[PDB]
Novice: 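Below you will find the structure I want to go over with you.
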Amino acid sequence: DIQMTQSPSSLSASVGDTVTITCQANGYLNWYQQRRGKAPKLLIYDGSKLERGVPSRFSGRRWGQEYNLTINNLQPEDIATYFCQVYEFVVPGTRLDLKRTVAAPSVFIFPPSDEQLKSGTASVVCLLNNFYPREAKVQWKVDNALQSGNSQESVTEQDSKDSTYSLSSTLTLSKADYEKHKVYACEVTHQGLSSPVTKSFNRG
Amino acid sequence: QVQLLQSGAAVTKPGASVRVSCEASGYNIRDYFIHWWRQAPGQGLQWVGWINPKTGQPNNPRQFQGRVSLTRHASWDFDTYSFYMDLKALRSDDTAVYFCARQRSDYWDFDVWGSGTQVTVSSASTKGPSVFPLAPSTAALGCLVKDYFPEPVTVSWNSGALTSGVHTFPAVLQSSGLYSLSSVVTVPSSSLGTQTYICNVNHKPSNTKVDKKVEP
Amino acid sequence: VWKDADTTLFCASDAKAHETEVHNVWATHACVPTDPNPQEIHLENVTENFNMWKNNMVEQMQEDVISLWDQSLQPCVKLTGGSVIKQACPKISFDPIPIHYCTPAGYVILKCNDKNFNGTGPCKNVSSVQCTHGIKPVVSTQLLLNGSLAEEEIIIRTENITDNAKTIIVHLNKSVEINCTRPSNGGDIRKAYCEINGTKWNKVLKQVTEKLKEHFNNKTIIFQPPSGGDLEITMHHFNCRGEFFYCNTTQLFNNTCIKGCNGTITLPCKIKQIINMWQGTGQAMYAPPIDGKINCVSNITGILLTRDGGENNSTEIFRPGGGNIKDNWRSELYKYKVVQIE
Ligand SMILES: *[C@@H]1O[C@H](CO)[C@@H](O)[C@H](O)[C@H]1NC(C)=O
Ligand SMILES: *[C@@H]1O[C@H](CO)[C@@H](O)[C@H](O)[C@H]1NC(C)=O
Ligand SMILES: *[C@@H]1O[C@H](CO)[C@@H](O)[C@H](O)[C@H]1NC(C)=O
Ligand SMILES: *[C@@H]1O[C@H](CO)[C@@H](O)[C@H](O)[C@H]1NC(C)=O
Ligand SMILES: *[C@@H]1O[C@H](CO)[C@@H](O)[C@H](O)[C@H]1NC(C)=O
Ligand SMILES: *[C@@H]1O[C@H](CO)[C@@H](O)[C@H](O)[C@H]1NC(C)=O
Ligand SMILES: *[C@@H]1O[C@H](CO)[C@@H](O)[C@H](O)[C@H]1NC(C)=O
Ligand SMILES: *[C@@H]1O[C@H](CO)[C@@H](O)[C@H](O)[C@H]1NC(C)=O
Ligand SMILES: *[C@@H]1O[C@H](CO)[C@@H](O)[C@H](O)[C@H]1NC(C)=O
Ligand SMILES: *[C@@H]1O[C@H](CO)[C@@H](O)[C@H](O)[C@H]1NC(C)=O
Ligand SMILES: *[C@@H]1O[C@H](CO)[C@@H](O)[C@H](O)[C@H]1NC(C)=O
């Protein structure tokens, strides 16, 4: 009958900063850090007790029903997801990222390869490159028609140095339908861009 | 030195069975409970159960009850143990990274974790990927790695000579059942015409190796 | 004024020096005779905290029995790391006797008299004694035999109930006989059976579910078989007359009976020569069972349970448990505590 919640679940802060996250549970709470593709690392047990071989930046307040987790002097290694745990119960967590590298995406567009068209499949790829923040909007226009439902996009993790993202949207359709229209557009919407940047190409 | 080592990746059809192993060593093992956890893609952790090494007693929640079987056996000197998890009647949404960890205290704190074991559940037989080039036009280019099962592939450039500004996107799961990703790279405009650009793609599960040359 | 303190106890019994029974022989050389008239003094307006789960009295009784078994029933074969030990393993007389634990000069035992004390917390009605009551060092799993009864009502003991890794001890306030025999002419000579009055059992069983509802927000209470593990815990493991019994208690936890649920319940049992030693030191091997009728009549006085973890919300699930024999000793010493006179 043990219940627990999370705090903002996603926040961003600059290098060498102080960040806090809160859970509200009624039992022995622990804190973990997990980097993408790897196993969790214990940081704090019983709310306040710091695990050994772990930077003194980290700490936890054990007052009332809420549990704080604080991080001082934010290092580049500290960028990962964090979450709390009470007995067998665990919360999804909270992603982390830094700030103020406000950059426009380098938007490119790719036609399908000739080798691909032989197998009767056409994949059009639009690429966004190195930007911040991660919030963008991509829509496919085919002969000036909004394309919805037939698109799959993918996002990279925040790059270690330039602190930027990258998004790749792939429009996928039959060879017959590709050879049916001429102009394929990949319009881009970003808060950074003064105007939406549109890239296109004529088939041929 | 403590140590928890988990077995290699697994791939199976639904309704089948799978066994993942966890071998513990450098500590007094009878004195600590071992828990199993799993993590579905993009999701949080999820408790699978615990097993008492002294008695072999298992404890599993409602959902994995019926399926799942936690087991253990020890070496002669009781210096090394092996902990198995047998998940039965696999369902597609059982695809997750399976972890094993040590419960140190009554705080249920987990200080030592296994590396994790990848377990993939679906139809879709083993298939190599098709690698199509992405022609350039500063400018950008790359490779398209379409239709392969299962994950993962490892993409480099010029046998690992070009690592600058490389963006290898995480694969996506196409509605067919096959995965597909994209690898790209950025170079100055004067690069085209003299330099040789090659993407190195490896898909171990299908033993498929491909080196493709990208060019306008 | 005193303080909670640890120290080496000593033991008292009524071991007969002529008896060849193994508990009798041991206590003859390890224990003093019992005091005819022990004194108990009830302390006025005093409150002491107890914690049956952190009581060093247990560790010592544990060392005692391990030593008792190691001298008395040695197997024909046992393992030692990577080597096989062979020794003579003759038959013995086996019937455990009550052992009192006693403090040395400068210490006393404090005792809790609150009738509904769960083992962990403040106790208002406190007294003081020189020795515990007589405790039979009975080793078994799932069920607790030949112990003491709660002074009404029924009591649930844990340490932390919200922790599923923590064993739950149910302490009965009325007992239920259990009647086990390997029949006369032996025809599987290892085939035995246990008999319990179903009418009596199912009433007690229902009452336990009522008390469990108190600690678990009126949720439905369901019993289930052991989920797995060594045979010593999936079965109801115990020693009778020197022989190693294992009994199936599926029929002992029948949720439907909580139609024809009033009849005598018969549990199928077996005597095993090859076992896993409760001392925790791997497999041993004993000789085939003795000839004739082999009968054990015991009182069930307590149950050990384990609750299924995870999000259930609707229901709670309880399976029988054991393995840790220190928990058998905790069930009797829960009310005792050693202090040093400052
Ligand atoms: C048991 O553990 C809980 C959860 O950590 C704790 O809050 C509580 O104080 C403990 N209760 C008992 C019965 O000791
Ligand atoms: C962190 O936790 C404490 C303790 O509950 C809380 O009072 C405080 O508001 C939190 N700190 C911040 C920066 O909000
Ligand atoms: C305390 O417990 C004893 C049981 O041994 C009982 O006889 C006595 O009346 C109790 N004392 C008081 C005043 O509660
Ligand atoms: C036992 O009683 C104490 C005092 O009320 C209490 O703190 C503890 O939680 C109880 N244990 C249980 C609930 O079995
Ligand atoms: C069985 O329990 C009864 C009380 O119900 C008791 O009189 C008797 O001593 C017990 N038999 C044993 C422990 O052998
Ligand atoms: C045992 O305790 C229960 C409540 O837990 C009560 O209903 C019952 O009367 C008690 N049994 C006896 C024999 O007094
Ligand atoms: C125990 O069971 C045996 C065999 O069924 C029977 O002969 C004996 O009378 C029973 N003993 C008691 C006291 O219930
Ligand atoms: C069986 O148990 C019931 C419930 O108390 C009791 O009334 C009955 O007399 C017992 N049956 C016997 C001893 O024949
Ligand atoms: C006990 O008996 C039940 C019912 O006959 C059977 O399903 C189960 O396998 C047995 N359990 C053990 C541990 O032998
Ligand atoms: C419970 O007992 C009844 C009465 O004998 C029996 O018919 C039924 O099979 C039992 N319930 C189980 C084991 O599912
Ligand atoms: C319980 O006590 C009786 C004698 O009163 C004895 O026959 C029986 O063996 C004891 N139980 C066990 C399993 O030791």
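Quick note on labels: first sequence line is chain A, next is B, and so on, each numbered from 1.
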Novice: List the drug name recorded for chains A and B.
Specialist: 3BNC117
Novice: Name the residues of chain C in heavy-atom contact with 3BNC117 below 4.5 Å.
Specialist: C/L79, C/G81, C/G82, C/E159, C/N160, C/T162, C/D163, C/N164, C/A165, C/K166, C/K219, C/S227, C/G228, C/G229, C/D230, C/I233, C/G280, C/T281, C/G282, C/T306, C/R307, C/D308, C/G309, C/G310, C/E311, C/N312, C/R319, C/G322, C/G323
Novice: Listing by chain and number, which residues of 3BNC117 come within 4.5 Å of chain C, heavy atoms only?
Specialist: A/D1, A/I2, A/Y28, A/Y87, A/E88, A/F89, B/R30, B/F33, B/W47, B/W50, B/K54, B/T55, B/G56, B/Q57, B/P58, B/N59, B/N60, B/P61, B/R62, B/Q65, B/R72, B/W76, B/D77, B/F78, B/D106, B/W108
Novice: Organism of origin for chain C, per the PDB?
Specialist: Human immunodeficiency virus 1
